[PDB]
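FYI, the numbering just counts along the sequence from 1. Computed from heavy atoms alone, side chains included, the values below leave out hydrogens, waters and symmetry copies. Atoms within each ligand, like the ligands themselves, are counted from 1 in listed order.
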Amino acid sequence: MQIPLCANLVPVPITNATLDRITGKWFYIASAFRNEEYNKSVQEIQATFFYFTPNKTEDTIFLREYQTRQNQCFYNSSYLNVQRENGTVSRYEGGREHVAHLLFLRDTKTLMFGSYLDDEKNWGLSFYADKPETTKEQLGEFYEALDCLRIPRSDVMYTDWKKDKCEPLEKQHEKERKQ
Ligand SMILES: CN(C)CCCN1c2ccccc2Sc2ccc(Cl)cc21
């Protein structure tokens, strides 16, 4: 395995410090995959921001996702399961449990999810940050991770924060949960 090139693609067991690190609000920035299904489906996502509340005693994360797709907001919450040893996270989408490797970069205000990382025919990365806009410093780290997987930068699908439809609903939820 080529290092430093692939340094950040390397899984490590998930600790409580790591769970704390990913706690809070995240914005989905960019992704790329060799999997063709994810290429056509992720292409429809205009924005997404979500909340992670990990439960360190249960190895779960409570997710509250706010996805913008088809000119509308789609809200869903669920309990993700954490597989500490394998450095992975899992959730149910469309009936089936799906797994993602939890990965990181130099900047702690960012994180990645790795999909099908064992399979060079299907692998991909999704890129997340604490703001909907990222710096060239932050981007560089993600683009490097794509270089590791030999995925062209041209294959990246990007969000556009101005197209978000979920902010007004998140606003409504804040009102409800703080009442
Ligand atoms: C292409 N996308 C369907 C996969 C993205 C990774 N996706 C995910 C997948 C499989 C298992 C766990 C997770 S955690 C997670 C939390 C927030 C968001 Cl927005 C996405 C994910």
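In this structure, of zardaverine, chlorthalidone, chlorpromazine, hydroxyflutamide, promethazine, the molecule at ligand 1 is chlorpromazine.
The largest share of close contacts with chlorpromazine comes from the chain named in UniProt as Alpha-1-acid glycoprotein 2. In this structure, atom 21 (C) of chlorpromazine has protein heavy atoms in its sub-4.0 angstrom surroundings.
Each of the atoms 16 (C) of chlorpromazine lies under 4.0 Å from some heavy atom of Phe52.
The closest approach between any non-hydrogen atom of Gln67 and chlorpromazine is not below 4.0 Å. When non-hydrogen atoms are compared, chlorpromazine lies under 4.0 Å from the backbone of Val99 (N, CA, C, O) but not from its side chain. At a 4.0 Å heavy-atom cut-off, chlorpromazine does not touch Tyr66 at all. Nearest protein heavy-atom contact of atom 11 (C) of chlorpromazine is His98 O, 3.0 Å. Scanning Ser115, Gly114, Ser41, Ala100 for the heavy atom closest to atom 8 (C) of chlorpromazine points to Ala100.
Here the protein heavy atom with the shortest distance to atom 5 (C) of chlorpromazine is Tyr128 OH, 3.5 Å. Using a non-hydrogen distance threshold of 4.0 Å, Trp26 does not register as a contact of chlorpromazine.
Closer than 4.0 Å to atom 2 (N) of chlorpromazine lies none of the heavy atoms of the protein. Proximity of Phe50 to chlorpromazine is established by a heavy-atom distance of less than 4.0 Å. For chlorpromazine and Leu80, the ligand atoms under 4.0 Å from any heavy atom of the residue are 14 (S). Nearest to atom 9 (C) of chlorpromazine among the protein's heavy atoms is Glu93 OE2, 3.5 Å. In this structure, atom 6 (C) of chlorpromazine lies nearest to the protein heavy atom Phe113 CD1, 3.6 Å.
In this structure, atom 13 (C) of chlorpromazine lies nearest to the protein heavy atom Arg91 CG, 3.9 Å.
The contact residues of chlorpromazine, taking heavy atoms under 4.0 Å, are given as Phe33, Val42, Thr48, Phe50, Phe52, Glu65, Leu80, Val89, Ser90, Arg91, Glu93, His98, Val99, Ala100, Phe113, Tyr128.
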